[PDB]
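In the model that follows, one finds indirubin.
Throughout, a chain's letter reflects where its sequence line sits, starting with A, and its residues are numbered from 1. When the header is checked for method, it gives electron microscopy, 2.8 Å. Remember, it's 1-based here, ligands and their atoms both numbered in the order they're listed.
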Amino acid sequence: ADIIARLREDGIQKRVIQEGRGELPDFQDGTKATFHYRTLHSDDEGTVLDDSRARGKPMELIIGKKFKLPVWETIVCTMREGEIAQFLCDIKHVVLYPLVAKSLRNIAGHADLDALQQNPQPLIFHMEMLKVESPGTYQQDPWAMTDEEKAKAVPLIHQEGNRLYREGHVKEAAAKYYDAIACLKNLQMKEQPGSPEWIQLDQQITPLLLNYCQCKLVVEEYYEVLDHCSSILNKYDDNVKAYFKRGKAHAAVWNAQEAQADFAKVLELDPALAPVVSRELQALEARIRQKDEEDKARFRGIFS
Amino acid sequence: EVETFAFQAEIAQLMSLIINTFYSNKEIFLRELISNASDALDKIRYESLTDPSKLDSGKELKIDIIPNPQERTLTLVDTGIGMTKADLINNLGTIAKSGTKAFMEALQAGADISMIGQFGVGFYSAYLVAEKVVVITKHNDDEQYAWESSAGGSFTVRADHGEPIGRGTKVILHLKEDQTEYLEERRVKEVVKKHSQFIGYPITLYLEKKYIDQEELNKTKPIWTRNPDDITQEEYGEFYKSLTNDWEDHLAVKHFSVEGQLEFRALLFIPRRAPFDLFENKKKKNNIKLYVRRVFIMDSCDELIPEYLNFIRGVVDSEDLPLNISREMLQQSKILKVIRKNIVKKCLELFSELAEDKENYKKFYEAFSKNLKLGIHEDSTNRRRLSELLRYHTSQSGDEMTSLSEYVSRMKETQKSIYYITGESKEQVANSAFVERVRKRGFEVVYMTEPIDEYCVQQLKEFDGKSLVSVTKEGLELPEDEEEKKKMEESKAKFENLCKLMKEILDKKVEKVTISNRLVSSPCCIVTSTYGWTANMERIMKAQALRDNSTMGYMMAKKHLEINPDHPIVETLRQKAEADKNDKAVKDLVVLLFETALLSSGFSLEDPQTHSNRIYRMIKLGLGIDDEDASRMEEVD
Amino acid sequence: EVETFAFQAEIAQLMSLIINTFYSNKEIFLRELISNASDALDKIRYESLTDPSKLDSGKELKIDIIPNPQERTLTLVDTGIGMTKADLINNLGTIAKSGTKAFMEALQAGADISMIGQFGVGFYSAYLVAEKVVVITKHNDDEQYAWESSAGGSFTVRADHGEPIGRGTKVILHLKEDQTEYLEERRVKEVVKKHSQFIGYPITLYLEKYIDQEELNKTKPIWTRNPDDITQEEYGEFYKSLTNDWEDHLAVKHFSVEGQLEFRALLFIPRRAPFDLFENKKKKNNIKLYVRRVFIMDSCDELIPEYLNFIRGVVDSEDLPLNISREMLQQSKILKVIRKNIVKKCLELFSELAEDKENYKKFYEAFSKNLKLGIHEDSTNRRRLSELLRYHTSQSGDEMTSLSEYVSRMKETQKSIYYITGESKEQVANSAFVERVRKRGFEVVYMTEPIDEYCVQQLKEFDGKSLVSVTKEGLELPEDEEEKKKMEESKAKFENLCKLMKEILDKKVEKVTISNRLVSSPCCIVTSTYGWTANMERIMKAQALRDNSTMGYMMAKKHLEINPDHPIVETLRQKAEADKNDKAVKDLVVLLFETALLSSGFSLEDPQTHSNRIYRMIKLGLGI
Amino acid sequence: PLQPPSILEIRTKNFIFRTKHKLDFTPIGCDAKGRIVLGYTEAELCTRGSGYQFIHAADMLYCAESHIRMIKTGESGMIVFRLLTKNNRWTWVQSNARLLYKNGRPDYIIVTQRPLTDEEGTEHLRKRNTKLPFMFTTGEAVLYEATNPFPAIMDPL
Ligand SMILES: Nc1ncnc2c1ncn2[C@@H]1O[C@H](COP(=O)(O)OP(=O)(O)O)[C@@H](O)[C@H]1O
Ligand SMILES: Nc1ncnc2c1ncn2[C@@H]1O[C@H](COP(=O)(O)OP(=O)(O)O)[C@@H](O)[C@H]1O
Ligand SMILES: O=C1Nc2ccccc2/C1=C1/Nc2ccccc2C1=O
Ligand code: MOO
Ligand code: MOO
Ligand SMILES: [Mg+2]
Ligand SMILES: [Mg+2]
């Protein structure tokens, strides 16, 4: 109805600079807004403690799930698209400021934003809004989605990861597979273990985790693959692909004794393709023989 | 109507109770009879003080024991005051009536006499071994009488004519057919030594060896009744040798007394060497004994002194302690706690004052440092005082052992901690890699090279306000400068990749790989977390027979691997890891270095044969001894 | 003439003796009073057996305890037989006069009654805590009287006209100022639990919280019943009530003895070992001794050996002679006989449990340490205890076997049992000592506890066959004539190399010889027949309280054994024959000795020398 | 002369005790030392909740993860966390829970634990892993929402 008259009575005092274009967004419970921040002390010393548009790092913020600090939400409520304004706030709104910017810039021992910890005061906030989209249009990021919708979202993530992998890109496929795996695992906490639903959820993560291990092995990160493969084999102990990947990693990191055993387990569990396992064994033997010859040359009489 | 009555007794049942249920050992009958004789001699001697005519019937006060296997009788003759007919009837014939108590009560207050006997039932312990008892008495104011009975509800008194007893009493026991063990020399000697050792009059024994041989059996005297100032060290040595049968004399002695509501006198000796079976727990310890009026009551039983002070030999004598009916126990057992407190305090004072004489404290420490350290591990009240009696080798000291006080007085200004290392031997610790930097910087390190030192330092947290810091634990801090801090930070930043790789290779053997701050010439070392067993403590605890192997996981510490940035091997490893992180040689070198550090840091390998095989492989090398579905399998699902 | 008098007694001093020097604990007055009440209840129950009309003043047989902090009094009410005026004057007013003994003697032979109390002095323990004692009584064929005294040498009896009581006695103690702790709930509950837990009649405490009444002795003494009439469920309930354990028992032995010495015993085995089994600071109260269901003393190491400390149970007797305080036995030599019987029956129980497999596996996992301690300590039962031992073996895989199974599986050419002691199973299994012994097909027992090292000191032979360590010098094996010819040829071939090695390692070993137990490793260190092994040395060095100043004289001497068929040894022999003073052979011999030392269970005096050797080799390998 | 091997020992005491728990970690039966460590009686332990009431709020996720691992493999490794006493205090404990099977199915849980001091507990907490591998990435979850319904293990029954 009338929010401008509401802000003043709430304690804050704000002044508009350039009116934005378009109508006022609904800003219901759950909404994504993109905008820039540039915060500077009001009168104590006048300097700038944190800035985004000064260097060009947008500060994304979805409106109203919990967002401990309620000042930012109320501030962006009365701003439309392309509206630039500056203003200050009372100490009460921003008393707990250090619990916001401690990492929002580092994740991407502060001496500026820690100044408030020893002497609070009102602080100026220079805002600039660019875009504001209600839920439904923008691709919701995985952490903000609801369980019932993330359940149906996982397959699209799986397919996007596969499509990226086949094209010839890995790091991005790894990121997509990681997001899908985390999304599935968070759901399992919603369900009791051992029950049919927990095992049902577990059934659809092993393929994704196998793809993740495949990509990790391709990017030459072997030690990581071993942990995930061991986690899979401990519960199942009947995965041919899991044993194959674990043995390949063991061979890659010179763990011949275990690589051979895992390859033998694959052979006894999947006798179909002997040529591939034998080829891997031969390659491992050739590499080991080469290194043995080099070491024999290296020592060659150190005593006398 | 309200009637009024007086209590009564059943004499037959009372006698049965006295004979059967009062005394557990049948040997204390001799103690009771000797106590009675001593009381009689005290009475006659005191009476003769103000009337020397009372000794006209003999001037010597003594006690004699005369076995007679032919008649199967035992005689105990004394030349004491003796009993009149009326006294005989009133004292021997009445249960719970004591002539000694009445004599003491009628005595003028403020006189020197301390007589055993206050209950009036001791004489009837003689029927523990005797089927019939005959008493022949003779007083200075009466004729000689004979008192006879079998504890069968009545006794007879008659005038006795025969060999005249000049003055005193004679008790003849007709031993039972199964109690003839008390007619032999060994048994009587042992009983008298155990119970009546310090009676104030000679106790002669007469035996057939023919002729009548004699032995005093109580030659030694209770020197603890004399003033401590009057006694010379030679007399103390003689008493100690007589008490402990030691061919050499004591090392130190303490002679104190306590006055007040509870009073006693004590004599504490420190032996010159540790007995060969000091700590064995199947010994029934009797190091300190308790006496009441020079009569043995009970052994220590770890009630009069803590277990870690069990090497002290001594005596505790009191005048007024409430005893049980069988005088081998105390009523109000809580008095033993007060006695123990006093004894412990005085023992600590003795140790503290003996520390000034360095030469003798050297011997005492070499003998009983184990006991001192065990006391530190056990005693919480006296921990601070005990900590000041410890002596250790240090890096700065030579072949001598120094105290912690000297260490504190010799510290640097910046130093805030006491540095120590525990190991298996002095040679092992002195040459370890944990102490290179500490010793190079000029700090002092305390060497503790015995298993008991682990238990000792578990409870010793700080001395004189300064904490104790182990050089084998993670988190060692030394005083530093700004340039050193900058160098450490730069080194740490330069070696992050190598640390990550080394942690990856040692997947589960270590908990962390860091940059060392205590190494000089070694490449690496292994230290343990702040909380949990050190390598030495873990080694000692895993070798204990009576240890619960299920609890090991709760008490062990995590291993941290630390590497030296200023060593050629480490620099070579860093360069190789930068060149190619999956190199085989790097992996083999990392594993070999970890195993060598594990062996040198005090740990034991899970399988030593793996290390042996690696070494053998190196030796042999030195000597020169010797389809289309494929693409489908590993693409997607 | 010959006179003749009668023994007299002086009453005042006698009362002082009874009140001041008989009992060392003031809490036993409750025990004495409850014992008296129980005897009275037994008397009335027995009397009503033939004349049911006797129980016309009441049918319930119970005991009551009623604190009264306001008046500072404690009251013990019972519904027993009571006593008349004549009894009040005689029984309660005469010292050393027992009415219970007279009642028991009046009975005919084989009576179904066993009453506590035969001395006639227990009632006066009430004056340990009380200033004045009032006794209200009421017999069937008599009025109701009040007895009063203050231990002042006289007592009064008057006909009471207060609130009537149908039958029985009511003792009122006017507590002293300093003895008011006995009016509290916790103290009374604790005392009753400690002393009169198993009295045969309900004991109820009345408290203000409306006067709530609470029964104190809920559990019955099941040991009086017959063993075969008791189910395991009630056995377990009794065990849980006794030991306070939230779990059930594993096994139970319930037996009896007859003759001059008669007692009944219940013995239980816990399912799990307490975490403070060997904790020194604990009282030996695992087994309690009772006489006529009244607690006497705890085990105190005289009722059972120290290696059976995990046994929980009860020993009850009817005719043990006690002392006046009833806190110990006269002629304490009976405890030896009782202990002998208990040990025999515990061993019998273990043997019976051995028949079951899973239960015995649980029991062994819990108390094998105690069994081995018993083997080390006890010599009479060593043979019986040796058949309860279970060990891992080279041929048993993951399970554990017994020595008899080992002997039944022996080969006709095998005269001895072979074992090895070490730090862990992995270390011993992959040891260099067991290479050939396992290759030939023989069987080796694995021992991996320090208590095992203690144990083998006493277990010299089993079933007539001796035990042999594979870590000691002169290991004997069956052989063929060709093997001996080859051994002699090898010795002749390697004499010179052995001589040179013994020269190089002066005063580090006492011999260098040719091994007969190595297959794949080049060398190993063994100890002489006399002295400690490496494992025993490791265990002894770690004893904090042991005097190790003279340990050098008990340490065994170490012999180095060489493998004739190893490439390294052959190359060493060739190098030595070529040039015996070379540095290569010296360094190689030193390195081999140190590595064998490390792998054989010993510890180097200075590990830093070995570490520096390895570091030098690494540096040379890296080219630095 | 010289002495033969004996079994002289120092006999160190410890404060490790066992407890019996239901599938939902409801304490049903405790060792004697446990009563001293956690002020309670026989009845209160049963009629106080379901175990998760005892866990300190900060430690809830750690304990839930350990419970998941215990169910998956039958026993959780050592874990250090806080427990709720009758006096509302908190005591650090080092616990290791084990799952028992009666017939191919879980029956109850036996926990062996050791009380810790505040210093050792704080030390263990500091080093505690801040995150688990497949977390939700730095999506500012603890900033924007910071509200999760917690694992279904904790939901009563
Ligand atoms: N040898 C003796 N000479 C003189 N009087 C004796 C002798 N033996 C016993 N009596 C007297 O007989 C009494 C027996 O008492 P006893 O049972 O010994 O208890 P207590 O020693 O406390 O008196 C003593 O009071 C003592 O006066
Ligand atoms: N509560 C009671 N009811 C009936 N008779 C009692 C009671 N208490 C004591 N008496 C009688 O008074 C006597 C006192 O003896 P006591 O001190 O109990 O020794 P004891 O128990 O060995 O007889 C007993 O013999 C008993 O017959
Ligand atoms: O170890 C405990 N001891 C206790 C004593 C009382 C109540 C709970 C617990 C313990 C729990 N260990 C746990 C492990 C995982 C999840 C939950 C839990 C617990 O509640
Ligand atoms: O001589 Mo007594 O009867 O023990 O006081
Ligand atoms: O009730 Mo008694 O007088 O201890 O046998
Ligand atoms: Mg006497
Ligand atoms: Mg009685």
Hey, where's indirubin in this structure? All the copies, please.
ligand 3
Largest contact partner of indirubin in terms of UniProt
Aryl hydrocarbon receptor
Are any other chains within heavy-atom reach of indirubin at under 4.0 Å, and if so which?
D
Other ligands and ions less than 4.0 Å from indirubin
none
Taking heavy atoms and a cut-off of 4.0 Å, what residues surround indirubin?
D:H21, D:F25, D:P27, D:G51, D:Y52, D:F54, D:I55, D:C63, D:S66, D:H67, D:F81, D:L83, D:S95, D:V111, D:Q113
